[PDB]
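Written below as structure tokens is the structure these notes are about.
Numbers for residues simply follow the sequence, beginning at 1. Ligands are counted one by one from 1 in listed order, and the atoms in each one are counted from 1 as well. For the numbers below, each heavy atom of this structure counts, side chains included, while hydrogens, waters and symmetry mates do not.
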Amino acid sequence: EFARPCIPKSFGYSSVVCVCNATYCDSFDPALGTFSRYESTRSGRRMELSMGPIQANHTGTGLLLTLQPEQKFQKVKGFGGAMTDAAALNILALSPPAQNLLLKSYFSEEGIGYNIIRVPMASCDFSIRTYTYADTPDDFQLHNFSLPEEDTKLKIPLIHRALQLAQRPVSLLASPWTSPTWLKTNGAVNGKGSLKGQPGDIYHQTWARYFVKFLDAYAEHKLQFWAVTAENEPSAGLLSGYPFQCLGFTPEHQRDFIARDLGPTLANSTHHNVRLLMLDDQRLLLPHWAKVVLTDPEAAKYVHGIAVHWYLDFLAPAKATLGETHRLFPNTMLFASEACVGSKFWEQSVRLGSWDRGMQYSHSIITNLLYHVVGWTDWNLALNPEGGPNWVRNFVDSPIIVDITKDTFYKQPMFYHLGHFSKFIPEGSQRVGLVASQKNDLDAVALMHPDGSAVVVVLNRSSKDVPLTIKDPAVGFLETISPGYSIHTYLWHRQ
Ligand SMILES: *[C@@H]1O[C@H](CO)[C@@H](O[C@@H]2O[C@H](CO)[C@@H](O[C@@H]3O[C@H](CO)[C@@H](O)[C@H](O)[C@@H]3O)[C@H](O)[C@H]2NC(C)=O)[C@H](O[C@@H]2O[C@@H](C)[C@@H](O)[C@@H](O)[C@@H]2O)[C@H]1NC(C)=O
Ligand SMILES: CCCCN1C[C@H](O)[C@@H](O)[C@H](O)[C@H]1CO
């Protein structure tokens, strides 16, 4: 519609947030052989558009990044975030006009064109109430399964509004944290405990049927799922005292649950097209978890992909984990399903305007893309200034922070860093080769849109400006510069 600049505000951190309210939010409005550049900087530029010429020749010894359009890697599924109870409550705390600008920021082409929404199956830490959908004890046939108001009045109507705003088809992803407690060895939503008994038994068939019941219930409200994960962070339920909703699975337990219960139960339902993602956990668990599950032909036939979380990335070099998994199982897509900053005990939950947190998002996304990952999903879409609500006070940060007392929301550097990918990398884009002429400190990734046009994202996490050239053998050269602490997305038609 109308380009509207960022209203910047400092809270004493490395960069600014962009301030939006009931009546204002920043928003957005290429001939060959010109390119488009979108730039965001620590100094305060927010996805600003500029253009350049593509030259026929280049001479120099500076950094050159050469597109290898014939070297084809993964297709992109997409980008988005999570509609938790906390996110829904924060969004709905705004006046309806401000709610609409927040939703448009994320889901509109006038915003950043999210096409993924992760939906918890009942309560997680980012809930104010602890509940499942089948809390009546020993209800093995699930006669009393139902969605409560957290879904029917809060999450579902918000998801519908997001879908209405989006011009791209939106894919929903569901993940459970805990089963009903009466299905669990420890009889509690949290702590160390798994499903009682063994895969193939009444407890496991009931838990498998719960997934179908969830999907049935959402489909009654006219929402269809792209995928479900087999459990959020199954490793969590293996840990003594784990503080909030979880459900423990070893990789063998998960393998046999998928083979015997979950896979066949979904396959025999009207939801047989919904994809099943395994793991949904820290990538250090790869490739071991992939080997355990995927080398059993009975489990493998049901698994579409492997979902990863980013929290222990420091213990898990991408080559040894993502790269090795891809090498062994290249037909089982890798998908980043949850990330947030501010979650470590020593970290401040919310740092309004943190450029570092921004760069953390984009560095992870680029690294993921360079190691075959097909999409990347943020955690809570919005939180309050404390990084909540959260029933166990496990507060964290969010690209959007809602200030209820001011009917205001703040878009953080994380929002724009994610936007440098989500806005410009449609579903069906394919990552292609990009080689550097010399060692450098930049993170860079090249992809091709479904129509054959090019997209390159370049992140400079250093304080030093790096002039550089991008070579496309089809079109020519783009002479540019990557300022210290910047992120650029470059777009051009190749035909
Ligand atoms: C919602 O957010 C928008 C953008 O921040 C607010 O509109 C803007 O309000 C500013 C007032 O703080 C306007 O600026 C002033 O300009 C004069 C010169 O013409 C200066 O002398 C002065 O120092 C200010 O800088 C600003 O122009 C305005 N609009 C835009 C599009 O930038 C909005 O504030 C509300 O609306 C405006 C138009 C005024 O009526 C304000 O009094 C009013 O608070 C924010 N909404 C709310 C309710 O906070
Ligand atoms: C190892 C750190 C995991 C971080 N958590 C993952 C879990 O899925 C979410 O429910 C949490 O909110 C998140 C942050 O503590």
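At ligand 2, the PDB records name the drug as N-butyldeoxynojirimycin. Per UniProt, the macromolecule in most contact with N-butyldeoxynojirimycin is Lysosomal acid glucosylceramidase. Protein heavy atom in closest approach to atom 15 (O) of N-butyldeoxynojirimycin: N394 OD1, 2.6 Å. For the pair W379 and N-butyldeoxynojirimycin, the shortest N or O to N or O distance falls below 3.5 Å. In terms of protein heavy atoms, atom 1 (C) of N-butyldeoxynojirimycin is closest to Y311 CB, 3.8 Å. Residue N232 has at least one N or O atom closer than 3.5 Å to an N or O atom of N-butyldeoxynojirimycin. The distance from N-butyldeoxynojirimycin to the heavy atoms of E233 drops below 4.0 Å at these ligand atoms: 3 (C), 6 (C), 7 (C), 8 (O).
Protein heavy atom closest to atom 9 (C) of N-butyldeoxynojirimycin, with residue, atom name and distance, is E338 OE2, 3.4 Å.
Under a 4.0 Å criterion applied to the non-hydrogen atoms of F126, N-butyldeoxynojirimycin contributes the atoms 12 (O). Among all non-hydrogen protein atoms, the one lying nearest atom 12 (O) of N-butyldeoxynojirimycin is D125 OD2, 2.6 Å.
Within 4.0 Å of N-butyldeoxynojirimycin on heavy-atom distance sit the residues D125, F126, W177, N232, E233, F244, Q282, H309, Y311, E338, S343, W379, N394.
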Enumerate, one pair per line, all nitrogen or oxygen atoms of N-butyldeoxynojirimycin lying under 3.5 Å from a protein nitrogen or oxygen, stating the separation to 0.1 Å; write 'none' if no such pair exists.
from	atom 1	to	atom 2	distance (Å)
N-butyldeoxynojirimycin	8 (O)	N232	OD1	3.2
N-butyldeoxynojirimycin	8 (O)	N232	ND2	2.9
N-butyldeoxynojirimycin	8 (O)	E338	OE1	2.8
N-butyldeoxynojirimycin	8 (O)	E338	OE2	3.3
N-butyldeoxynojirimycin	10 (O)	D125	OD1	2.7
N-butyldeoxynojirimycin	10 (O)	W177	NE1	2.9
N-butyldeoxynojirimycin	12 (O)	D125	OD1	3.2
N-butyldeoxynojirimycin	12 (O)	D125	OD2	2.6
N-butyldeoxynojirimycin	12 (O)	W379	NE1	2.9
N-butyldeoxynojirimycin	15 (O)	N394	OD1	2.6

